[PDB]
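Numbering starts at 1 and runs along the sequence shown. Atoms within a ligand are numbered from 1 in the order they appear, just like the ligands themselves.
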Amino acid sequence: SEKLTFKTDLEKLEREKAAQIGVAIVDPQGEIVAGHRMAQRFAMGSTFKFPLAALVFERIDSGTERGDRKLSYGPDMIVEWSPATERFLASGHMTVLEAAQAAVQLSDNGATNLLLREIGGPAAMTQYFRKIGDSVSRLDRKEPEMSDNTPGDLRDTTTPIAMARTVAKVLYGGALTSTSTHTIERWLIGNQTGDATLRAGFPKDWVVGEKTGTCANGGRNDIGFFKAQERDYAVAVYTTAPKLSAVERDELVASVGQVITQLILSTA
Ligand SMILES: *C(=O)[C@H]([C@@H](C)O)[C@H]1CC(SCCNC=N)=C(C(=O)O)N1
């Protein structure tokens, strides 16, 4: 059984790395392909920045937001890990689209908070999840405190299955216009922060786009999509490994990518 090998290989990684590995793989319609701890809650960390950009694109599609609108800010918006926000600070603004692309591709915290200030904060992010059929994911705080990952805390969490289904809804389920869907897909493919995580474990001819996260207390996450030939999939991986180094956590997620690959290739 290929799915049994998938489960066994994930459980070996969990034992050997003292880790918990949550995974869900779904098809474009949200049907389950495989998973592990798929409805256990994990802290989202920066992975929510992908749904945040989808919310922004919904508003652009609708006309309630404009992509080229200039969002003014001062140094009060610079927080830990704000590389683009810091570069644009002297100019005094980033556009909605610039901020969204920095949030997705650089995980820029200041840019993320700039967008949260505009769209209604964590409560509005949570309402967007509900609107697109996700009753599970919740944003309660802005960055970086939303990544605190205090053991047992349900704030700022999702589950692998709920997030994978949200990814599928955004990329394949008609949440966005064809133009906005293509734009956000390209942003995920061009992500700058994921070279050592999931896409390091997938074949080099698969089209892969994803959004990483890192949370305190050992959280390392990666969500997105892969296309194996003509077959599209949405995927969400959330891991907790408090005893590993940062590099070993990257390698853990890459290993999960290989375990996913072995399943997908064998089930053809
Ligand atoms: C997201 O989880 C955090 C945010 C909550 O503080 C930021 C910090 C790291 S930065 C990754 C830099 N990549 C590099 N070479 C991420 C992340 O995407 O993992 N997001």
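- According to the PDB, the drug located at ligand 1 is imipenem (open form).
- Going by the PDB entry, the chain with the most contacts to imipenem (open form, ligand 1) here is Beta-lactamase.
- The set of residues with a heavy atom less than 4.0 Å from imipenem (open form, ligand 1) is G45, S46, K49, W81, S107, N109, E143, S147, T193, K211, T212, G213, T214, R220.
- For atom 13 (N) of imipenem (open form, ligand 1), the nearest protein heavy atom (residue, atom name, distance) is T193 CB, 3.7 Å.
- Near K211, the atoms of imipenem (open form, ligand 1) lying under 4.0 angstrom from a non-hydrogen atom of the residue are 18 (O).
- According to the PDB entry, the source organism of chain A is Pseudomonas aeruginosa.
- Atom 9 (C) of imipenem (open form, ligand 1) has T214 OG1, 4.0 Å as its closest protein atom, hydrogens excluded (heavy atom only).
- For atom 6 (O) of imipenem (open form, ligand 1), the nearest non-hydrogen atom of the protein is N109 ND2, 3.0 Å.
- Shortest contact from atom 4 (C) of imipenem (open form, ligand 1) to any protein heavy atom: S46 OG, 2.8 Å.
- Of the protein's non-hydrogen atoms, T212 OG1, 3.3 Å is the one closest to atom 17 (C) of imipenem (open form, ligand 1).
- In terms of N/O distances under 3.5 Å, imipenem (open form, ligand 1) is not approached by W81.
- Shortest contact from atom 16 (C) of imipenem (open form, ligand 1) to any protein heavy atom: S107 OG, 3.5 Å.
- Covalent bond for imipenem (open form, ligand 1) in this entry: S46 OG.
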